[PDB]
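Some notes on the structure that comes next.
Positions are given from 1, in the same order as the sequence printed here. Per the header: X-ray crystallography, 2.1 Å. Both ligands and their constituent atoms are indexed starting at 1 by order of listing.
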Amino acid sequence: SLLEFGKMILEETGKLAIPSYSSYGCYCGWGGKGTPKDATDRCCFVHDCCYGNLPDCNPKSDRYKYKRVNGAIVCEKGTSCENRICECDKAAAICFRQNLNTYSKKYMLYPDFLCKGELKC
Ligand SMILES: CC(=O)Nc1ccc(O)cc1
């Protein structure tokens with residue numbers, strides 16, 4: 001669910017999901033198109049593609065369980081959807097951590113006309 005993705009992100013990066021990652025670039029937050037602006041935005045793009053592989057799952061509202069084995073994120077067993085949603089979110093959180101160095105404030109609240117492009121998952 002969206003509440004635990006928020007908490008996973010905070011734990012990984014030290015930044016609050018809202019607003020750091022809810023209006024970033026073209027795909028972080030609320031995103032539908034264009035070319036991802038930078039690495040962090042590519043993380044959001046991949047995250048969206050990952051959810052897109054689960055048409056009969058409800059990522060925003062379905063809750064999963066996970067634990068931290070010394071920093072490593074371990075998804076605990078639940079329903080097939082919960083397991084797969086959890087793996088999508090874990091990947092995104094790690095992707096965010098990996099690209100914190102290039103995170104840029106100029107992409108926050110990024111305008112929708114500047115999202116130009118095409119890209120396939
Ligand atoms: C803050 C937060 O949970 N953001 C978020 C979650 C899922 C998604 O596909 C894009 C963004």
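- According to the PDB, the drug at ligand 1 is paracetamol.
- Most heavy-atom contacts to paracetamol in this structure come from the chain listed in the PDB entry as Phospholipase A2 VRV-PL-VIIIa.
- For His47, a nitrogen or oxygen atom sits less than 3.5 Å from a nitrogen or oxygen atom of paracetamol, counting backbone and side chain alike.
- The entry attributes the origin of chain A to Daboia russellii pulchella.
- Per UniProt, the active-site residue of chain A closest to paracetamol (non-hydrogen atoms, rounded to 1 Å) is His47, 3 Å.
- In terms of protein heavy-atom proximity, atom 11 (C) of paracetamol is nearest to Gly29 N, 3.9 Å.
- Checking only distances, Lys60 does come within under 3.5 Å of paracetamol, N or O to N or O.
- Looking from atom 1 (C) of paracetamol to the surrounding protein, the closest heavy atom is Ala17 CB, 3.1 Å.
- Among all protein heavy atoms, the one lying closest to atom 3 (O) of paracetamol is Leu2 CD1, 3.0 Å.
- When the UniProt Ca(2+)-binding residues of chain A are filtered for a heavy atom under 4.0 Å from paracetamol, what remains is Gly29, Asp48.
- Considering backbone and side-chain N/O of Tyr27, none are found under 3.5 Å from N/O of paracetamol.
- The nearest protein atom to atom 5 (C) of paracetamol, hydrogens excluded, is given as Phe5 CE2, 3.6 Å; this is a heavy-atom distance.
- The contact residues of paracetamol, taking heavy atoms under 4.0 Å, are given as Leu2, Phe5, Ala17, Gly29, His47, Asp48, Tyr51, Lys60.
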